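Summary heading: complex between rapamycin and FK506-binding protein (FKBP)-type peptidyl-propyl isomerase.
Going by the PDB entry, the residues shown for chain A are 5-129, listed in order. When a ligand or atom number is given, it counts from 1 through the structure's own listing order. Computation of the quantities below employed the complete heavy-atom set of this structure, encompassing side-chain atoms and omitting hydrogens, waters and symmetry-equivalent molecules.
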Amino acid sequence: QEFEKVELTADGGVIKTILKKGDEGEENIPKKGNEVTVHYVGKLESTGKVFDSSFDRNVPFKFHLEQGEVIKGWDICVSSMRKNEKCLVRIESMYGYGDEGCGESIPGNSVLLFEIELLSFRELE
Ligand SMILES: CO[C@H]1C[C@@H]2CC[C@@H](C)[C@@](O)(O2)C(=O)C(=O)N2CCCC[C@H]2C(=O)O[C@H]([C@H](C)C[C@@H]2CC[C@@H](O)[C@H](OC)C2)CC(=O)[C@H](C)/C=C(\C)[C@@H](O)[C@@H](OC)C(=O)[C@H](C)C[C@H](C)/C=C/C=C/C=C/1C
């Protein structure tokens, strides 16, 4: 295969395609509570339109892994990533914004596609 496809929930709700392999070893995978730094771009599957590319180039996005800060599919995806990994992740609505959707562009029952690059992570004191 060109790329490794990784099913991250058994229900098919979160599926990752590894575009660029990251660094081998457990020490290179972020742990719960760590600050992680990424680039990303998000696209809505239904319309095919990119809704967020603000963090896709020079500006990094930071969040705390597995701390209720982001949609579940992001915690599930990033917890599987190796430092320097670039992936495509397809997130069904159960692991995204569910029925509520988000903002003007993302309705209920949306499938989201993100490209995510894991740049770095750190443990908090
Ligand atoms: C301008 O751009 C927005 C991000 C946009 C919003 C709209 C969506 C389409 C999107 O375009 O991102 C997008 O691409 C997206 O879907 N994202 C952002 C990238 C991570 C994955 C996902 C997400 O979960 O967004 C998140 C989603 C929209 C809302 C959360 C979903 C999970 C749920 O459990 C949370 O309940 C609380 C709410 C937004 C975030 O990643 C930001 C960082 C986090 C929060 C706002 C909350 O965690 C909040 O809870 C108190 C916090 O603790 C924060 C740190 C407090 C500080 C002051 C607020 C910072 C706000 C920053 C906002 C930013 C950069």
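- The shell of residues around rapamycin (ligand 1) (heavy atoms under 4.0 Å) is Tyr44, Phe55, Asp56, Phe65, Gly72, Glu73, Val74, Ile75, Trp78, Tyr101, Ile110, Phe118.
- Shown here, atom 51 (C) of rapamycin (ligand 1) is out of close reach of the protein: none of its heavy atoms lies under 4.0 Å off.
- When hydrogens are left out, the protein atom nearest atom 33 (C) of rapamycin (ligand 1) is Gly72 O, 4.0 Å; that is the closest non-hydrogen contact.
- For atom 27 (C) of rapamycin (ligand 1), a protein heavy-atom neighbour is found at a distance under 4.0 Å.
- Checking atom 20 (C) of rapamycin (ligand 1) against the protein gives a heavy-atom contact under 4.0 Å.
- Close N/O approach between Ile75 and rapamycin (ligand 1) is found [any backbone or side-chain N/O within under 3.5 Å].
- Proximity of atom 62 (C) of rapamycin (ligand 1) to the protein is not indicated, since no non-hydrogen protein atom lies closer than 4.0 angstrom.
- The protein does not reach atom 1 (C) of rapamycin (ligand 1) closely, with no heavy atom under 4.0 angstrom from it.
- For atom 23 (C) of rapamycin (ligand 1), the nearest protein heavy atom (residue, atom name, distance) is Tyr101 OH, 3.2 Å.
- Within a 4.0 Å radius of atom 44 (C) of rapamycin (ligand 1), the protein contributes at least one heavy atom.
- The nearest heavy-atom contact from the protein to atom 9 (C) of rapamycin (ligand 1) is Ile110 CD1, 3.6 Å.
- In this structure, the protein non-hydrogen atom closest to atom 18 (C) of rapamycin (ligand 1) is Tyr44 OH, 3.5 Å.
- Of the protein's non-hydrogen atoms, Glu73 O, 4.4 Å is the one closest to atom 42 (C) of rapamycin (ligand 1).
- Annotation: atom 7 (C) of rapamycin (ligand 1) to nearest protein heavy atom, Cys106 SG, 4.1 Å.
- The contact region for rapamycin (ligand 1) on chain A lies mostly in UniProt domain PPIase FKBP-type.
- An N or O contact shorter than 3.5 Å links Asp56 to rapamycin (ligand 1) by distance.
- For atom 12 (O) of rapamycin (ligand 1), a protein heavy-atom neighbour is present inside the 4.0 Å cut-off.
- Distance check on atom 55 (C) of rapamycin (ligand 1): every protein heavy atom falls at or beyond the 4.0 Å cut-off.
- Regarding atom 41 (O) of rapamycin (ligand 1), its nearest protein heavy-atom neighbour is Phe65 CZ, 3.4 Å.
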